[PDB]
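Entry featuring ribostamycin.
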Amino acid sequence: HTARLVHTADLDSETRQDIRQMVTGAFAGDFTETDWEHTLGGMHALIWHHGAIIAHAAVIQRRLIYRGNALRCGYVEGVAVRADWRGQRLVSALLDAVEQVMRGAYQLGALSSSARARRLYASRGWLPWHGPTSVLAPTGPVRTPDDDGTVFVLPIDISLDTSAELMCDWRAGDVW
Amino acid sequence: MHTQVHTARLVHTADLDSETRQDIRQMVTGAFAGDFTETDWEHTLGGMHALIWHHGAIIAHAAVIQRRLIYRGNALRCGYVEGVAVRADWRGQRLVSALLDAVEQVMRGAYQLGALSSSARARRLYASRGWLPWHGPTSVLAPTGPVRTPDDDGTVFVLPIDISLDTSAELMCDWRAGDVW
Ligand SMILES: CC(C)(COP(=O)(O)OP(=O)(O)OC[C@H]1O[C@@H](n2cnc3c(N)ncnc32)[C@H](O)[C@@H]1OP(=O)(O)O)[C@@H](O)C(=O)NCCC(=O)NCCS
Ligand SMILES: CC(C)(COP(=O)(O)OP(=O)(O)OC[C@H]1O[C@@H](n2cnc3c(N)ncnc32)[C@H](O)[C@@H]1OP(=O)(O)O)[C@@H](O)C(=O)NCCC(=O)NCCS
Ligand SMILES: NC[C@H]1O[C@H](O[C@H]2[C@H](O[C@@H]3O[C@H](CO)[C@@H](O)[C@H]3O)[C@@H](O)[C@H](N)C[C@@H]2N)[C@H](N)[C@@H](O)[C@@H]1O
Ligand SMILES: NC[C@H]1O[C@H](O[C@H]2[C@H](O[C@@H]3O[C@H](CO)[C@@H](O)[C@H]3O)[C@@H](O)[C@H](N)C[C@@H]2N)[C@H](N)[C@@H](O)[C@@H]1O
Ligand SMILES: Nc1ncnc2c1ncn2[C@@H]1O[C@H](COP(=O)(O)OP(=O)(O)O)[C@@H](OP(=O)(O)O)[C@H]1O
């Protein structure tokens, strides 16, 4: 149980489908077409057991604007461990892989965490954002209050004032 | 399995060791006759580097990084091609074709479209492979809101993957430091 990293373009149709179905099941169905689209394009950390995917996390590239700078961010999407495999720290192995990618390629990692996972991210050195969050929408900056309190960041090569504004870039569905 | 000689190899930025990273940076900077800034280098990072090796040196490079391009209010998932370069002593042998086979493979497997802003000398190379010239006005979604990027008009090319785009429409890239396209 060490995770393997595979870019989206290296997944065959069968594997891509196994991943989407496992993740959707792990979120008990609370996983939409846009949530799935948000897991695509970057590196997937995958753990298998007998040809079955039992754990997944994806890290995709985007920009987060902090103090006027568009920081190169590794954004974590779709972190999930199959229900019958929970409580064995498989998530720790997924994050070891995701974090290795962030140290090698990004200025910071970030994600919008489900409440049950917040203790886990904090224990690993992720920081909860306290300042107001926004998104740079096509019409300009728009606050995203529904996502306040869910965003976490992992600084790699920058010290951060986590009470400053933080503004993610645009996409469909949930922007955070 | 043959030797894989001059087949481009795809390596994520996080998997580049410092020696390879330095070799890519100096090779690409030299290929652009030095017109390759600190921000142009930052723009090649975070995605997949297609690398061609010869005697332990990088003789060709192209990076595909992920960003969003906004088309008709839609945020398209885009593989953006940066730093396309073939070291000067190896030019004229179609190695850029080997780089683009890998780049295009990445687009079909992971993005809604590939895009890039081409130097004038390479516009015909991309067009011959099926990349479409973007005819409409380009802009960027800067922190203050949309703003036109006329200097970049006529340089952008796209490779749609199973989506249909009206290439005469406005196309707006997302924000970053330096050249936004
Ligand atoms: C959050 C999640 C990835 C954790 O994966 P994991 O590998 O099971 O994590 P851990 O083993 O460290 O367990 C985390 C907690 O889950 C709980 N847990 C233990 N066994 C469990 C089980 N059999 N079923 C469900 N939850 C269980 C415990 O509270 C545990 O905390 P502890 O370390 O103090 O015991 C997983 O629960 C999951 O996929 N949940 C649904 C999707 C989700 O919210 N993903 C996160 C999005 S940010
Ligand atoms: C653009 C580039 C990647 C093409 O690489 P390549 O593998 O040499 O491509 P090709 O073999 O198909 O040659 C392209 C053209 O370059 C020209 N060429 C041939 N030999 C050349 C040489 N030794 N030196 C420079 N240009 C040469 C020819 O016009 C050739 O076209 P042709 O096949 O119709 O005769 C390369 O010229 C380069 O790195 N240029 C500098 C950086 C830059 O502009 N890159 C593109 C950024 S979008
Ligand atoms: N519902 C699937 C999504 O869940 C998590 O992300 C969301 C996050 O968690 C989901 O919401 C449920 C209630 O907290 C929680 O139970 C979550 O369902 C949510 O609180 C934020 N407001 C928006 C985040 N995008 C994951 N980080 C995200 O990758 C995934 O696509
Ligand atoms: N100067 C280095 C950059 O060049 C190419 O891209 C630029 C592109 O080409 C550079 O400009 C020279 C003249 O066209 C050409 O000689 C080019 O120098 C330029 O025309 C666009 N206005 C902006 C593009 N970012 C590459 N696509 C880009 O990846 C690289 O970072
Ligand atoms: N009325 C409720 N019934 C059941 N669970 C709820 C209720 N309202 C909110 N929740 C859940 O309880 C959590 C509430 O989220 P909050 O962001 O308010 O954080 P909190 O638990 O630290 O107070 C969520 O769990 P999840 O993110 O792990 O999925 C949310 O789903």
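Proteins come first, then strands; the chains are lettered A, B, ... in the order of their sequence lines, and each starts at number 1. First listed ligand is number 1; within each ligand, the first listed atom is number 1. Side chains included, hydrogens not; waters and symmetry mates left out as well; all remaining heavy atoms used.
The ligands or chains attributed to ribostamycin are ligands 3 and 4. The chain with the most heavy-atom contacts to ribostamycin (ligand 3) in this structure is named in the PDB entry as Aminoglycoside 2'-N-acetyltransferase. Other chains reaching under 4.0 Å from ribostamycin (ligand 3) with at least one heavy atom: A. Looking at the UniProt substrate-binding residues of chain A, I find a heavy atom under 4.0 Å from ribostamycin (ligand 3) for A:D30, A:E77, A:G78, A:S112, A:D147. Ranked by closest heavy atom to atom 27 (N) of ribostamycin (ligand 3), the top entry among A:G29, A:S112, A:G78 is A:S112. Other ligands and ions closer than 4.0 Å to ribostamycin (ligand 3), given by number and name, are ligand 1 (coenzyme A), ligand 5 (3'-phosphate-adenosine-5'-diphosphate). Most residues around ribostamycin (ligand 3) in chain A come from the UniProt domain N-acetyltransferase.
Any N or O atom pair closer than 3.5 Å counts here, and A:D146 shares no such pair with ribostamycin (ligand 3). The N/O atoms of A:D30, backbone and side chain alike, include one that comes under 3.5 Å of an N/O atom in ribostamycin (ligand 3).
An N or O contact shorter than 3.5 Å is missing between A:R118 and ribostamycin (ligand 3) by distance.
Residues touching ribostamycin (ligand 3) within 4.0 Å, heavy atoms only: A:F27, A:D30, A:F31, A:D35, A:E77, A:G78, A:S112, A:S114, A:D147, A:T150, A:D174, A:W176.
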